[PDB]
Colleague: 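Encoded as structure tokens, here's the structure I'll be asking about.
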Amino acid sequence: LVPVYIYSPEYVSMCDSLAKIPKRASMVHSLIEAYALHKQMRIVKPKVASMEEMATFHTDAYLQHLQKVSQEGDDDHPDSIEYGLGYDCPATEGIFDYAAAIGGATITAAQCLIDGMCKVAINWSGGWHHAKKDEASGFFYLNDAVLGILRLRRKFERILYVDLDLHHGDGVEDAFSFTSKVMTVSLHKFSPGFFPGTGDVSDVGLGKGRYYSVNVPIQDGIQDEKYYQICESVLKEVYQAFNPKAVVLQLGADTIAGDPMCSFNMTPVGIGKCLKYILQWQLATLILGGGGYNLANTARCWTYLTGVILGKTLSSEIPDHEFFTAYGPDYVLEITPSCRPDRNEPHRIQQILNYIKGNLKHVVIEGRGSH
Amino acid sequence: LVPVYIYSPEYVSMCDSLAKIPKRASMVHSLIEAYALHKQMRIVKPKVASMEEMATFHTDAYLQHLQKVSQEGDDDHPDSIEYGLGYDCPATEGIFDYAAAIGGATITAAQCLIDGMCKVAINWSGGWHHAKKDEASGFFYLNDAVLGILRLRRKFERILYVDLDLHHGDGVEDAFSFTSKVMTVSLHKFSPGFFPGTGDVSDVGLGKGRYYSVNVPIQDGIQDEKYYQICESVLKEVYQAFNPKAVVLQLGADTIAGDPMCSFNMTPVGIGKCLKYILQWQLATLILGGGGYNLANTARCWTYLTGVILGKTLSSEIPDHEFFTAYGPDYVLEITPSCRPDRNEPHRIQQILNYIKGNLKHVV
Ligand SMILES: O=C(CCCCCCC(=O)Nc1ccccc1)NO
Ligand SMILES: O=C(CCCCCCC(=O)Nc1ccccc1)NO
Ligand SMILES: [K+]
Ligand SMILES: [K+]
Ligand SMILES: [K+]
Ligand SMILES: [K+]
Ligand SMILES: [Zn+2]
Ligand SMILES: [Zn+2]
């Protein structure tokens, strides 16, 4: 079918106001439009999440606080720190609207998958995977990934969450840590001192969800080839062991070379092969954005990935558009890896893969109501 | 005889409004106050920099552009992007006031050194070393470090600028890249892709300023002892060859273990050891802050350093105060290094030191 593209001019404008990534939404969309990729997609206007929809994960008390702060702006409300607001997650005007819009956008995309409208639905402004039920975290206030998965859960019994952001998707993993309906897989930088500090290979979920959480700790400097070897290896084992019926894929672009966080050393081509491998499963796939703080590079990456979804090859020259001047000095779509070492010892990587393969041996495929 | 401490309730309050580091000024000050360190210091209220004083480095067109944005906002002004305003340096109300306040505080501190008022003057909310003469850069809109050096030049023949921030102090180095009367030494993370991307060991300044710029490219995971070995080794040769008459020291705390940038693996003790070595010279020293994005750790670091300057030993236990709850889970002054590898191979490090020693044979 034709992939669904969650978009409206109001939605993009709303997302443009996110304090940590100002104007990133417009840069991403305008580049995608400049390559005319929206013409080959089914543009679907996002619905704003209702209170009840957001409440599927978040507590009423926290949501009401976000609502209060959203009006009164950045006063120093006595309870804001308790709800994770502050440095990482600024308590400014309109944050409840931003939450409701992004959350609802991911829910809308999920509903498109359910209603069989498409096999792939895209919400590049989604993918905020840190927020807890009662606490903002990691640059955002709501966990739209969880809300998307919870929506898909209405129809799908086995859901695979794949998180390729530079950071560990702790919020999503924690949300489903005790259940086996949702398997979380996160490839991320894992290093003492690095946010959020969780997600070692030994972290496998708890209770009845034990072994239904997969973590792949990776060090600085990893490039396309080695990343894909790890990803395909893990994903092949996961697919075989878990047999998912629907996929939610987070594609945070803070792994891409040039990102100020300067950790991984990836290009969108590498992420693209991971995406390709997931696509050929031909399952309902919910595509999400996430981190990405080299704004022009993030637009580069997600535009390319959009092209991969459409099975189209894009021209190297960045076409003229609103933000053309931000693509200097070369004004091309390709991204060149930085000249720095890959700190990943192959035998450590292999040991990690071995642990994971062993963990997945414990994974069964049971139907609703088993035994 | 007693160190000058640049402070006023209004100054700290204004610095709290900096977008990239909210509340950090109050956290630093309240912890210093909680240790009663301000009682052993001479509290000097900072004066606001005038357009003339800021003009000693920054162009009038840029300065007037800041004031326009500061009195209005980001009305998508077409020239803002050219003046460095944007992602790193947001164009909001009050940015001119912020710049004038911090610049004027570094100038006030420098003026204290001149008036024989002290041998150490401190401006923790200063140390913003990236901004160009006509362009905002690196989380701030003004180069207060440069403005401080220029003020000291009204008295001292030779100024040594030591930059121990995680990032290359490119704004300062570039401002004095052609001159021999100001020498810049910067220890920083140097790795392709890491801001600002400059400051290799081969970069030594230009023209008459050749060899009067020192850069020490360091990799991730460096801890206290190795760092001080490098810093002492460099500053030993520098002091012996350049013979400074005044020192401007930038102590950005983004090198400290626990910083979200997660690059270096330092504790305030290692930095303090570098600071003691500089204070040993007994020259007029201008203390500056800078980076530091683990806000509690930054307060921890600069409170400790304030104690080093006063020659005092602080209690291990964080005393109760306004931000006490932010000091968990251990509530202690000391910071523990992260269990990360040091990526600095000793051969490359020693080769860098030789290269620097070689360059320092031309300075006389
Ligand atoms: O994309 C992300 C990043 C959100 C978490 C941010 C971690 C905290 C951090 O990096 N803070 C920081 C970095 C640089 C300067 C100041 C603060 N997660 O998926
Ligand atoms: O401390 C400083 C300021 C450094 C400014 C670094 C700008 C690049 C950067 O780190 N950007 C960034 C990081 C995380 C999230 C968003 C942007 N200088 O010494
Ligand atoms: K991840
Ligand atoms: K699970
Ligand atoms: K430095
Ligand atoms: K110089
Ligand atoms: Zn991330
Ligand atoms: Zn810095």
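Each chain gets a letter, A, B and so on, in the order its sequence line appears, and its residues count up from 1. In listed order, ligands and their atoms are each counted from 1.
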Colleague: Which listed candidate (risedronate, agomelatine, vorinostat, dyphylline, homatropine) is the molecule at ligand 2?
Modeller: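 Here it's vorinostat.
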Colleague: Which macromolecule makes the most contacts with vorinostat (ligand 2) here, by its name in UniProt?
Modeller: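 It has the most contacts with Histone deacetylase 8.
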Colleague: Identify the other chains in heavy-atom contact with vorinostat (ligand 2) at a 4.0 Å cut-off.
Modeller: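 By heavy atom, the other chains are A, B.
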Colleague: Test your reading of the structure: does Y293(B) have an N or O sitting under 3.5 Å from an N or O of vorinostat (ligand 2)?
Modeller: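 Yes; at least one N/O pair falls below 3.5 Å.
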Colleague: Compute the minimum heavy-atom distance from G138(B) to vorinostat (ligand 2) and say whether it is under 4.0 Å.
Modeller: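 The answer is yes: vorinostat (ligand 2) sits under 4.0 Å from a heavy atom of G138(B).
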Colleague: Out of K20(B), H129(B), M261(A), indicate the one that has the non-hydrogen atom closest to atom 19 (O) of vorinostat (ligand 2).
Modeller: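 Nearest heavy atom to atom 19 (O) of vorinostat (ligand 2) lies in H129(B).
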Colleague: Do any UniProt substrate-binding residues in chain B place a non-hydrogen atom less than 4.0 Å from vorinostat (ligand 2), and if so, which?
Modeller: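 By heavy atom, within 4.0 Å of vorinostat (ligand 2), the UniProt hits are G138(B), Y293(B).
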Colleague: Taking a heavy-atom cut-off of 4.0 Å, which of the residues UniProt lists as divalent metal cation-binding in chain B lie that close to vorinostat (ligand 2)?
Modeller: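 Those UniProt residues with a heavy atom under the cut-off: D165(B), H167(B), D254(B).
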Colleague: Counting non-hydrogen protein atoms only, what is the nearest one to atom 11 (N) of vorinostat (ligand 2)? Give residue, atom name and distance.
Modeller: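 Ranking protein heavy atoms by distance from atom 11 (N) of vorinostat (ligand 2), first comes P260(A) CB, 3.3 Å.
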Colleague: Can you pull out the closest protein heavy atom to atom 18 (N) of vorinostat (ligand 2)? Residue, atom name and distance to 0.1 Å, please.
Modeller: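 Protein heavy atom with the smallest distance to atom 18 (N) of vorinostat (ligand 2): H130(B) NE2, 2.9 Å.
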Colleague: Any idea which of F140(B), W128(B), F194(B), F195(B) brings a heavy atom closest to atom 7 (C) of vorinostat (ligand 2)?
Modeller: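 That would be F195(B).
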Colleague: Hey, does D165(B) come in under 3.5 Å of vorinostat (ligand 2), counting only N/O atoms on both sides?
Modeller: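 Indeed, backbone or side chain, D165(B) has an N or O that close.
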Colleague: Name the source organism of chain B according to the PDB.
Modeller: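 Going by the PDB entry, Homo sapiens.
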Colleague: What else, ligand or ion, lies under 4.0 Å from vorinostat (ligand 2)?
Modeller: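 Under 4.0 Å: ligand 1 (vorinostat), ligand 8 (zinc ion).
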Colleague: Which residue holds the protein heavy atom closest to atom 16 (C) of vorinostat (ligand 2), what is that atom called, and what is the gap in Å?
Modeller: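 For this ligand atom, the closest protein heavy atom is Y87(B) OH, 3.4 Å.
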Colleague: I'm trying to place vorinostat (ligand 2) relative to the UniProt active-site residues of chain B - which one is nearest, and at what heavy-atom distance, to 1 Å?
Modeller: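 Going by UniProt active-site residues and heavy atoms, it's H130(B), 3 Å.
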Colleague: Report all residues and nucleotides of other chains within 4.0 Å of vorinostat (ligand 2) (non-hydrogen atoms).
Modeller: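 Heavy atoms within 4.0 Å: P260(A), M261(A), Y293(A), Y87(B), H129(B), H130(B), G138(B), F139(B), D165(B), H167(B), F195(B), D254(B), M261(B), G291(B), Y293(B).
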